[PDB]
Every structure is written in C-alpha cells, then in structure tokens.
*Asks:* 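First the structure, which I've put down as structure tokens, then a few questions once you've had a look.
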Amino acid sequence: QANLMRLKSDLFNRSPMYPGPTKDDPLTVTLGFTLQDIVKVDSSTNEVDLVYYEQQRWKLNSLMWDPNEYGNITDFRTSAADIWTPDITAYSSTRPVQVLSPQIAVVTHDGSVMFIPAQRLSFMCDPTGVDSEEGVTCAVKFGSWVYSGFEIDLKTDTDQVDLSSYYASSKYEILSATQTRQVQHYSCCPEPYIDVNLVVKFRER
Amino acid sequence: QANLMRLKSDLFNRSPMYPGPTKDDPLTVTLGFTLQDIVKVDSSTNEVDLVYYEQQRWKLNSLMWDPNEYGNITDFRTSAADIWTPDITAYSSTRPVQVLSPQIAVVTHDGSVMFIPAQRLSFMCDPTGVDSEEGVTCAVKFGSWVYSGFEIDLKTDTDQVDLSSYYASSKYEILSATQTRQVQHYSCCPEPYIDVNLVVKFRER
Amino acid sequence: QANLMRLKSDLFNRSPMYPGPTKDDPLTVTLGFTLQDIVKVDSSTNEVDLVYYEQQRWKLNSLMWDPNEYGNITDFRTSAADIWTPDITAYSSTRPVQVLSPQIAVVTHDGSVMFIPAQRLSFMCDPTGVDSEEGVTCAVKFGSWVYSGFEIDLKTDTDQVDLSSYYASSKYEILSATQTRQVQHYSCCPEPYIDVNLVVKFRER
Amino acid sequence: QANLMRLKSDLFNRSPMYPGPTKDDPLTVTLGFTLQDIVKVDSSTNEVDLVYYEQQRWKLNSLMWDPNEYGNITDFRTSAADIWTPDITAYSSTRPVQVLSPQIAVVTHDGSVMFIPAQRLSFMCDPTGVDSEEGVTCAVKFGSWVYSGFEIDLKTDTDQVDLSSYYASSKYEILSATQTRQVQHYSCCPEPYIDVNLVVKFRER
Amino acid sequence: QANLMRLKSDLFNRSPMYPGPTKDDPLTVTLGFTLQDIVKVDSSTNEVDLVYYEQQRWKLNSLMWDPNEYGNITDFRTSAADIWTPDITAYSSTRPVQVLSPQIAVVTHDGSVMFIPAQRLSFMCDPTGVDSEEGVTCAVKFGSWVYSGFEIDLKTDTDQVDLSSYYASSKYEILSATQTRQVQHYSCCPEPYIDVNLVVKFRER
Ligand SMILES: COc1cc2c3cc1Oc1cc(ccc1O)C[C@@H]1c4c(cc(OC)c(O)c4Oc4ccc(cc4)C[C@@H]3[N@@H+](C)CC2)CC[N+]1(C)C
Ligand SMILES: COc1cc2c3cc1Oc1cc(ccc1O)C[C@@H]1c4c(cc(OC)c(O)c4Oc4ccc(cc4)C[C@@H]3[N@H+](C)CC2)CC[N+]1(C)C
C-alpha cells in the first residue's frame, strides 16, 4: 500500500486538477451501454424507466506514470471525486438520474480511465403499442452538456447495445437496441455537436 | 493544460468572489426557455409539471481577461459553483425544482457567462379544459428572489419560447408559448421589480 | 463591488459568528405568512399541504455599519449560510418542509435582517367538512424549536395572513386566515414559550 | 454574546471531540417519547408511520463549566454537529427516518445535553384489527446500533409515553402507549444489550 | 476518553488513509446477511423490496495497535467515514439503496473491522407465483463494483442466511434463504470475478 499512496499523492496532491478539455487539447470519450432492465412504462405521462450501466473511457496525459517508479503498479482504483470526469448527460430525462453504484474509477498507467456508473433513468417516450407483437421504439440522446465537438468527441466501440446482462424475466423483451454516434449543427454556431443516440425497440410479452 | 490552469487560478484564486450586484453596479440577466415537454397534469391538485432548459446569460467585468496573455484562450467551462450565479426562481412552484443537468457554465473573455440548467418544475395551474380543442393556458413568473430592478434587470432575447426541441410524441400539443418581461410595483416601496412571465397554452393530443 | 466585498469581509471574516441569543441578550423575531396555495388535502391520513412565503425579521448589533465608511452602502444581499438564522419551525408537520426559494437574505446597515423562505408544508389536519359551505378549520403553530421566550420572543405585524397573493384558481377557497402570537406555559419548564398560531378556514371552491 | 462566544471556543475549539463512551467510561442515555400522531397504516405492506419527538439526554464531564467564569451563562443552544451524539436507532424501520425539527441541542453547565429530534418513522407492523373496538398493538425497539450496554446504558424517566401532545383529530385513537427499558441477551455475545420498547395500542377513530 | 482520543489520532491523523487493496496486497471481505423483511412486491414492474442487515468484515494491518499502549483498549467504535470501506454493491438494484442504520463500524486491536449497514433494497425480481404454496424464488448478487478477485476476495461464514430476526408478521413468509460465494469469468479478461449470490424463496402468508 506504501507505493500506491505515493503514486496517488504524486498524481493528485502535487498539481492543480485537470481543468477539462479545450479546442487546443480536445479529448475523446468512448461510451457504451449495458442494458439491464426496462423497469417501468407510464402511458399517462409518456415516461419510461431504464436501468443500465454506462461505460465511459478516456485518457489524460496528466494521469500517466511509469510503473517502474512505483513498485510496478500498472493501475489503481480511486474515487471518481479524485479525477476529472466528463459531463455526459441524457438530453431528455424527465427526472434526475439515480446512481446505483459506487462512484469509483480505474486509472491505468498510460493515463487511461474507465468508469462504469450504473443508473436508473426516466426519459421521454410514448410507449403506446408496447403491448403488441410489433412493440414500440424509444430513443434518448447522450452527450456532453457544455463541450462542443471541438473539445469532447464521442465514440462507441460498437453500435450494438450490450444485452448480455438484460434481466431474463423482465416485463419487457428487447427486440433491438443500438447506440449510434451523431453529429448535429445548430443554426447559431459553426462548431459541431456530438451525441450518442440510444434507440431501443421493445414489447411487453 | 497550463494556460487554462493559470487563468482560472488568476480569476478565482486571487480575488474574493463577486459579491453580487447593487444599485450602484447593476446587472442584466438574459433569460430564455426551451420547452421539452409537459410531463404531467394533475387536475385534483391543480399542479402541472414541465421539463425545460433554462438559458441564463450575464456579464461581469471581474471575469474578463486578455486572450493574448493566456495562450489565446477565449473562453472556458467551469463548475457553476466556481462563480456567482443569479438567484432566478419560479414564483409559483409547488415543489423544489429538480436539476436534470450538470451545473457547468461557459465563461468568455469579455466577462460573459452562459449557463443552461435543465429542470423539472411543478407549478400552480388549473388544467380544466385541457381536453378541449381550445385548450388551457397556464403561466409562471420567473425572477430574482431578493434583488429588485435596481440591482438585477431581466431581458428576453425573444418573447417566443424555443419549441424546436419539444417532444414530438408528447401527450400535449403546444398552441402558444411565450416568455415576457414585466415590471411590477408593490405598493410598499418605490423601486421596480422585474419578472419573466412564462405563458403556455396547450391541449391534449 | 470593492466596498461591498470590504463590508462583508469586516462583518463576517473578522469575528466569530454570532452564537445566537441568550436570556441576557434576547432577540425578537417578527413573523408573517403569505399564503400562496392549499395544494393537497388527504382525508385518508388527515394531512394538508400548504405553499406559503414565511417572512422573518430580526436585528443584530453585530450586523450594523456606517454607510459613510462603505461607499454609502445601505443594505446588501447575502447567502443565509453567511449569517445566524432563527430555528423557526412548524410544530405539527408530518414531513420535512420543502424549501422552494434560494436561501438568501437582505441585511440592512442598522443590523436588521429580512429573510423570506418559500416552503411547502404537510401538517396535521382533518379536512372533514371541506366540501361543505362552512368549510373546515385547520391550525398549525410555528416557533423556535430550542429557544424559550427568554431568548427569542416572537411577534407579528398583523394578525391577518396576507392573502393578496393566493392562487386565484386554487381547488380551495380561503374563508379566513389569521396568525396569532401565543404565550404558552409548559408544565416541564419555568420559562415562557412563544408561538404563532396559523389558523386557516377553507372550503372546496 | 462575547461571553457565550468564549465558552463555545473553550468547549469546542481546544480539545478533540469526545470520542464516545467505552466500557471503562460508560454513558447513560435517557430516552422519552412524545407521540404526536399515527399518520398512516398500510395493510398491503404491513407498514405503519408515526410522528413523535424523541427526547435524548446524557451528560459529559467535558461539557462542564462554571457560570461565574462565563457571565453567569447556565446553558446554551448549539448545532448538534458541534457535539457528540448517541447512535440511537429504531431497530425495525423500513425506510430512513425523516427529521422534522432543527438539529440543535441544549447544553447545560453541569455538562448535560438535551436533544429532541422530531421524526417520522415507518416500521413493521401488522395492523389487522385496527378497525375494531379492541384495536391493534404494535411495537418498535430503539437503542444504540453499535454500543453494548457496557458502553451505553439506556433508561427512561417513566414507562408512560407522553400522550399530552397527541393530535386531537387523528384518524387513530391511542388506547395506550408505553416505553420500557429492556435488558437483552444475544447468544452471539457475553455483553448485555439494552433497548427501549415502544409499544402502542391503537384503533381507527 | 483520553486513551481512546490518543489511539484515534495515532491511527487516523498520522498516515494517509489506506488506499484500498491491490493484487500485491489483496483483501478478503466476509459477508453475512440477516434478512428482516420482504417489504414490497410489485408484479407490474417486477421489483421486490428487501430489508436486511449486511454484515461486512475485513482486516487491515494499518488498523492494529497494542492495547497495553492505550489503557487496555481492545476495540472502539468510529464513524465509517474515518476508515476505508469495501465497495460491496447489489448487481441488480433498480433504485439507490436506502440506509436504515448509523454508519459506524467497530475496529478491533488486531486490525479487524466489523460494519453492519441496515438497508432497504429494490431489486429485479419476477414475483409470479408468490401467491402460491410453493412461492417464488428470486436472487441478487453482491460484490465489489471495481475490484476483481485478485484484489478483493469474498467469503461467507455460512451459506445459510440469518433468519433469526425475520419479522414474524410479515406479509411474506420465508421458505429458504441462502448466500453463496461464486467465481465468474468475463470473456474480455482473465482475472476471476467474485460475488455472493443471495437467493430467497418466499410466499404470501
Ligand atoms: C436542443 O438543442 C440543444 C442541445 C444541447 C444544448 C443546446 C441546445 O440548443 C440550445 C442552445 C442555446 C440555448 C438553448 C438551447 O436549447 C444557446 C445558444 C448559444 C448562445 C451562445 C453560444 O456561444 C457563443 C452558443 O454556443 C450557443 O449555442 C449552444 C449553447 C450550448 C449548447 C449548444 C449550443 C449545449 C447544450 N447542451 C445541453 C447540450 C445539448 C446564445 C444563445 N443560443 C440560444 C443561440
Ligand atoms: C446482525 O443482525 C443484528 C444486528 C444488530 C441487532 C440485532 C440483529 O439481529 C437480531 C435481531 C433479533 C434477534 C436476534 C438477532 O441476531 C430481534 C428480532 C426483532 C424483534 C422485535 C423487534 O421490535 C419489535 C425488532 O426490531 C427485531 O429486530 C431487531 C432487534 C434489534 C436489533 C436489530 C433488529 C439491533 C441489534 N443490535 C444491538 C444492533 C445490531 C423480535 C424478533 N426478532 C428476533 C426477529
């Protein structure tokens, strides 16, 4: 534990925290979703509740170290509060997202960070037709709240949502689930905006 | 990165925080709304729930810098906790407002700040007649809680609520949505009080 | 800005915070209610929900200053957390009160403080008869939780609750609303206790 | 206020906080309940909600002073965060307890502390028979979560629950309410455990 | 009080907090569940709510002392905030866990820690058949959120859940409850992953 304490002190206590990305030093965040359950549909307010894991990854020069200088530590776990993290947010939630897991990240000696919060999210969806063979389609966009594509770029590893852990006995079965990078341009500004579109088709039985 | 780190230290770590405006140093806050959805109407209690983005802009001389002195940085993002923010509040909410987005501001080198919190708001409105073709009109005033017009002035860029992001499968159809600056006068004191009246006429799908 | 920052620095950063009143240096807190809406009535549990502004005023010697020494500043606004506040409490709530407004107060150069929190309160009341013409009466007492009348006295400026802001389209119509200072003797204790009794008579409109 | 400021500084800003009791230096906490209302009875989940004031009293040598040294001050009010407090817990709650009063205590010159949190508690009870002339009996135990009776001894001043403030128009009549110190033997541990059994008999209307 | 104050200062105020385990300095956490009550069952969302006490035990060399040096103190109670605690998490919750007990742990002179948070948990569970003689079986896995079996190994003293405290009058009767260590291996990586599977069979009473 002596070496890890030294490393953390060197990384965190010995310099001002990373002030986030800028156009001159942009960063790429990879997003991936693991859908666990569709827990609730409300057809009187058009709200649907999902439970999922959101995998985020990024890399910072300021979090790099040489394992040989620290007893060959190649990675460590630490509170998310200890590091900068991206402001990735649902764009059409209807209630504050509910965090279901400890806020702890894994940092690797190449400066890469992996952070996987589990969340319950209520978002806007008209669920009518959910009780049919065809099912229904809902969508919610995820992206930075304040950084344009010039500061934060988003990427997915695959366009397919991970369904391997979807609750087998859910009230709702998943027909398809995709996660797709998009580039928007608002008629006010020249910079691109990026989001990842979570599109889920599902039905009752 | 080095220059941004130095700039924030100069802006935030060297002086005390802006103590807010006064009659001698008044401020103008620009407000605007982007209505995403009407998520609930409760006819038993006369409450209606909105989800919206709330644009706020103002400008502080104490947040100014010369880009040439800081590696040509022209603006930056920072936690809204790092800066003074106006106490803009709904005048007829029935529940604490729920914040749906990160609290992060954009600061520009001219001292301008832009802050766009997304919110779920419950407020007083009698929805009677919402299920007619003529619909129903509700209204909520927004303004400073403790500053009069001598200290904080309000403006809208436009009197038209931004509806271009309105949920396309909402239970409710928006007939009109305006945001209008108003000068109030309580028969207690001379100084004027300013508010922005959000007025929304809508009906069931 | 400079003068104000200097004033606050002098009032808040140079001496320990005011530790609250004692018998030898008692304080008077003036209370007043602006009733905005009766939002909910629950006959299953005998709970009624009110939304109101609670106006509080008191005066501290330690908050005085000479405007001439501070650029003619005669008053200022500041976070409620910067100052001592009375522990004024509803005595028969059934849920934690919910705060609907920013916790900011106005401080004046003679040491007077004005604080007006907006709140939603659930309290004990049997609504039986609310649907009639006579309506129903409910009452709730407000006062310090831990200070006796030897340390904090209360008073009202008028025993008439301010209804000039009551929601015109409430489900309930106010027939009467009074706020009355009471002096209580508790058999446990030789000190006088003071409360303000908010009595509201109302019916379905 | 000068004298009170000195006293708090001497009591609080000189030594570490009291680290809580040990077998070598045990502490006795006195508990007393004032039942204000049985708010809710859920027959579908067997949950009952009470509102009560839980009076806690204990005494510490480290909180003692001589009034002659501090301007005849014999007691003072202070934030509960300023002092050690016992971890008295309801043992079969089903939701986190909700605090309804300010977290402030009264400290007296003999080192005695009195802290009276008003709370709303949901707990496990089968309300079958509540709608009979005989009513139903429910019980809830209170005591330290982590201290044995070797470290914290509990007592009541009376076995009779204070019903003098019970809400006159509750949906429920109280047939009886008692609070009884129990010495408990757990087979895990040779040390005695102590709890206070709150037993309430009640019926509809 | 003096000796304990010394001990806490020596354990907590001299060195940095334990930074958590690593592959070189792994840690075993022992878990044991005491099931108090199955409180809710929702067949429209497939969620079930449990109240239980989760015993957690582990041992750090950095928490050891010689009782002879500290007045024979053999163990002490302290806020869970003063120490490192393992990130043990339910893998299929549908809402943030609710904490029902004080966050206070017991530390023993051999460096061992015992911490027993009482909690209400909502987790994914199809209750179909709960209203039958055979009842239904649900399960939820517990483990570290970010540590693999190389860093945190889990174990149970027994595979039988503690039922000695189950609410006698619950709406649901417990047919069986087991808690068993399991070793997973996720396709991506080679390190073992460890969880404790809590399996409850139950029926309406
Ligand atoms: C639904 O569409 C939007 C999606 C998103 C945003 C904003 C969107 O559209 C809006 C954009 C604006 C207000 C309200 C909006 O609803 C701000 C916009 C604007 C101004 C100055 C700028 O600086 C010079 C600037 O860049 C601006 O444009 C953006 C500001 C923030 C964001 C995007 C664009 C991120 C912002 N956030 C949550 C991410 C997703 C002044 C006023 N003006 C309205 C023109
Ligand atoms: C690791 O598990 C426990 C941890 C702790 C305790 C008890 C625990 O589990 C037990 C709980 C019980 C017996 C044996 C136990 O081993 C009592 C339990 C019970 C009854 C009545 C209650 O009131 C009407 C009640 O609240 C009960 O549950 C608790 C009682 C005390 C404590 C917790 C729960 C605190 C008690 N102690 C000091 C703190 C930590 C009667 C029937 N029943 C046996 C089911």
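Chain identifiers are assigned alphabetically (A, B, ...) following the order of the sequence lines, protein sequences preceding nucleic acid strands; residue numbering begins at 1 within each chain. Quick note: numbers below take in every heavy atom, side chains included, and nothing from hydrogens, waters or symmetry partners. For ligands, and for the atoms within them, numbers begin at 1 and follow the listed sequence.
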*Asks:* Which drug from the list TAK-960, bleomycin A6, d-tubocurarine, RLY-2608 appears at ligand 1 in this structure?
*Replies:* d-tubocurarine
*Asks:* What does the PDB entry call the chain with the greatest number of heavy-atom pairs under 4.5 Å to d-tubocurarine (ligand 1)?
*Replies:*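 Its main partner is soluble acetylcholine receptor.
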*Asks:* I'm mapping contacts for d-tubocurarine (ligand 1). Which other chains have a heavy atom under 4.0 Å?
*Replies:*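 By letter, the heavy-atom neighbours are A, B.
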*Asks:* With a cut-off of 4.0 Å on heavy-atom distances, which residues and nucleotides contact d-tubocurarine (ligand 1)?
*Replies:* A:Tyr91, A:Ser144, A:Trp145, A:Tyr186, A:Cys188, A:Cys189, A:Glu191, A:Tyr193, B:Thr34, B:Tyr53, B:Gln55, B:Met114, B:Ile116, B:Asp162, B:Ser165
*Asks:* Considering heavy atoms of the protein only, find what lies nearest to atom 17 (C) of d-tubocurarine (ligand 1) and give residue, atom and distance to 0.1 Å.
*Replies:*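 Nearest protein contact, heavy atoms only, for atom 17 (C) of d-tubocurarine (ligand 1) is B:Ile116 CD1, 3.9 Å.
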*Asks:* As an exercise, identify every atom of d-tubocurarine (ligand 1) less than 4.0 angstrom from a heavy atom of B:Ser165.
*Replies:*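 Once the distances to B:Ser165 are compared, the set is 1 (C), 2 (O).
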*Asks:* Which atoms from d-tubocurarine (ligand 1) have a heavy atom of B:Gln55 less than 4.0 Å away?
*Replies:*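 Close to B:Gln55: 41 (C), 42 (C), 43 (N), 44 (C).
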*Asks:* Does the protein place a non-hydrogen atom closer than 4.0 angstrom to atom 37 (N) of d-tubocurarine (ligand 1)?
*Replies:* yes
*Asks:* Only heavy atoms of A:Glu191, strictly under 4.0 Å: list the atoms of d-tubocurarine (ligand 1) that pass.
*Replies:* 26 (O)
*Asks:* Starting from atom 7 (C) of d-tubocurarine (ligand 1), which protein heavy atom do you reach first, and at what distance in Å?
*Replies:*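 The protein heavy atom lying closest is A:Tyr186 CE1, 4.8 Å.
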*Asks:* Provide the number and element of each atom of d-tubocurarine (ligand 1) under 4.0 Å from a heavy atom of A:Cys188.
*Replies:*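 Within the 4.0 Å cut-off of A:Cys188, d-tubocurarine (ligand 1) contributes 27 (C), 28 (O), 45 (C).
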*Asks:* A:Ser144 heavy atoms, cut-off 4.0 Å: which d-tubocurarine (ligand 1) atoms fall inside?
*Replies:*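 Under 4.0 Å from A:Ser144, d-tubocurarine (ligand 1) has these atoms: 39 (C).
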*Asks:* Is the closest protein non-hydrogen atom to atom 10 (C) of d-tubocurarine (ligand 1) under 4.0 Å?
*Replies:*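 Given the 4.0 Å cut-off, atom 10 (C) of d-tubocurarine (ligand 1) does not count as touching protein heavy atoms.
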*Asks:* How close does the nearest protein non-hydrogen atom get to atom 22 (C) of d-tubocurarine (ligand 1), and which residue and atom is it?
*Replies:* B:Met114 CE, 3.4 Å
*Asks:* Which heavy atom of the protein is the closest neighbour of atom 39 (C) of d-tubocurarine (ligand 1), given with residue, atom name and distance?
*Replies:* A:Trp145 O, 3.3 Å
*Asks:* B:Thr34 heavy atoms, cut-off 4.0 Å: which d-tubocurarine (ligand 1) atoms fall inside?
*Replies:*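 So the atoms of d-tubocurarine (ligand 1) that pass are 14 (C), 15 (C), 16 (O).
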*Asks:* Can you name the atoms of d-tubocurarine (ligand 1), numbered from 1 with element, that are less than 4.0 Å from a heavy atom of B:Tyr53?
*Replies:* 16 (O)
*Asks:* Could you identify the single nearest non-hydrogen protein atom to atom 25 (C) of d-tubocurarine (ligand 1) and state the distance to 0.1 Å?
*Replies:*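 The protein heavy atom lying closest is A:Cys189 SG, 4.0 Å.
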*Asks:* Could you identify the single nearest non-hydrogen protein atom to atom 32 (C) of d-tubocurarine (ligand 1) and state the distance to 0.1 Å?
*Replies:*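 Of every protein heavy atom, A:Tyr193 CE2, 4.0 Å lies nearest to atom 32 (C) of d-tubocurarine (ligand 1).
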*Asks:* Quick one: does atom 3 (C) of d-tubocurarine (ligand 1) have a protein heavy atom under 4.0 Å from it?
*Replies:* yes
